[PDB]
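This report concerns only the one structure given below.
The numbers used for chain A are those of the PDB entry, and the residues that appear cover 1-316, in sequence. Reckoned from all heavy atoms, side chains included, excluding hydrogens, waters and symmetry mates. All ligand and atom numbering here is 1-based and tracks the order in the structure.
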Amino acid sequence: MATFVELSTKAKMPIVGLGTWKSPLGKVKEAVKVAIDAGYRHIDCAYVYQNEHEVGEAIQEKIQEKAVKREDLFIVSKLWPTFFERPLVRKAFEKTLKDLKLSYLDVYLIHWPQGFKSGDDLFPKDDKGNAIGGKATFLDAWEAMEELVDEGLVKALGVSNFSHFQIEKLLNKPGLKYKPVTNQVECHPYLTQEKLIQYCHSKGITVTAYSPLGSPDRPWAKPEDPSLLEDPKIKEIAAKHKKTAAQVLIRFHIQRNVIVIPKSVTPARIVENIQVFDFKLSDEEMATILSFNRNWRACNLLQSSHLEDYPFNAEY
Ligand SMILES: NC(=O)c1ccc[n+]([C@@H]2O[C@H](COP(=O)([O-])OP(=O)(O)OC[C@H]3O[C@@H](n4cnc5c(N)ncnc54)[C@H](OP(=O)(O)O)[C@@H]3O)[C@@H](O)[C@H]2O)c1
Ligand SMILES: NC(=O)[C@@H]1C[C@]2(NC(=O)NC2=O)c2cc(F)ccc2O1
Ligand SMILES: [Cl-]
């Protein structure tokens, strides 16, 4: 019901998907079922979210119950930066694929460009609190991920939280086999990503907007932080369309041809968040919303700001 953004592979990626970060065990399975019933086909997952097995249970049940076919679903997961060494890329992917109970993934993303030390910890740190970097780089990881496409286990690869310099470094890699089909980055009216979107699109790379509602449930949210859902100017535009602020925040991306993945575990909101194909923001409304840019990020992975490929030191 969601319309599509065409990838460079000619595959069609549904323009609205369901986000699953912070969706707890015991709720995410029902959230995915409700989403599929409401017409969602794209689900955004990750190893680090530690809930992929319940997403997998939901998908498996909906398929068997004949509510949906696998070919019509678009499932994305991500390789966490502690798994950049070749044997670990395969191990991590295999765990993700097993948890999701799938025979293939539609897109597999590098979750962050900066590599972390391999071992048992997901966030390895020294005795100061800083993140310990890894031995392998995202270029090393990419080479192992390409093997997954060669073998038919993943349809396409992509990146997440990459700056244009990092995409350039990937596109320029000697022996490159597969180009990224998307860059999944934070995007919303307070972080409009104009230059990065322009860059990605110029290279035939789509953009997937994460935290489009401003991630109000992020653990580190502070009272004084900007709040998109409460922005009276967003609400003003919404009320005009008899829509919610959330629906305007989602529709904003659709009209820039940017894929968007709002997260909810509340059935009414899951349904609400995909009722976004029955109205249209005017050119004036789009320009007003675009003017709200504050260069504000909900997600910074601050503790990894000192690593070589920390992505947010670049302008874009
Ligand atoms: N690649 C990356 O590094 C990265 C980083 C961040 C996020 N992501 C992906 O992007 C997804 C979305 O981002 P996010 O989870 O950070 O935050 P988000 O989608 O911007 O916001 C989620 C929050 O908004 C609430 N909400 C959802 N729909 C609502 C509605 N219609 N009205 C009012 N409140 C609503 C949710 O509450 P309830 O759930 O309680 O309903 C939840 O607290 C993630 O789940 C993840 O899949 C990726
Ligand atoms: N601090 C950050 O920017 C990231 C954001 C992030 N959410 C996300 O979907 N991808 C992320 O890497 C995240 C997810 C986690 F499971 C744990 C921490 C965490 O922090
Ligand atoms: Cl991950």
Binding partner of ligand 2 (most contacts, UniProt): Aldo-keto reductase family 1 member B10
Ligand 2 drug: fidarestat
Is the closest N or O pair between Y49 and fidarestat (ligand 2) shorter than 3.5 Å? yes
Residue part near fidarestat (ligand 2), for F123, under 4.0 Å between non-hydrogen atoms: side chain
Return the option from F312, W21, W112 holding the heavy atom at the smallest distance from atom 19 (C) of fidarestat (ligand 2). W21
Find the residues of chain A UniProt lists as binding NADP(+) whose heavy atoms come closer than 4.0 Å to fidarestat (ligand 2). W21
Check each heavy atom of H111 against fidarestat (ligand 2) and say whether those closer than 4.0 Å belong to the side chain, the backbone, both or neither. side chain
Which UniProt active-site residue of chain A lies at the shortest heavy-atom distance from fidarestat (ligand 2), and what is that distance to 1 Å? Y49, 2 Å
Please work out whether any backbone atom (N, CA, C, O) or any side-chain heavy atom from C-beta onward of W220 is under 4.0 Å from fidarestat (ligand 2), and answer side chain, backbone, both or neither. side chain
Which substrate-binding residues that UniProt annotates in chain A are found with a heavy atom under 4.0 Å from fidarestat (ligand 2)? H111
Purely on distance, is any nitrogen or oxygen of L301 under 3.5 Å from one on fidarestat (ligand 2)? yes
With a cut-off of 4.0 Å on heavy-atom distances, which residues and nucleotides contact fidarestat (ligand 2)? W21, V48, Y49, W80, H111, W112, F123, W220, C299, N300, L301
Check fidarestat (ligand 2) for close polar pairs with the protein: N or O on both sides, less than 3.5 Å.
unit_1	atom_1	unit_2	atom_2	d
fidarestat (ligand 2)	3 (O)	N300	N	3.4
fidarestat (ligand 2)	3 (O)	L301	N	3.1
fidarestat (ligand 2)	9 (O)	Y49	OH	2.4
fidarestat (ligand 2)	10 (N)	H111	NE2	2.8
fidarestat (ligand 2)	12 (O)	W112	NE1	2.6

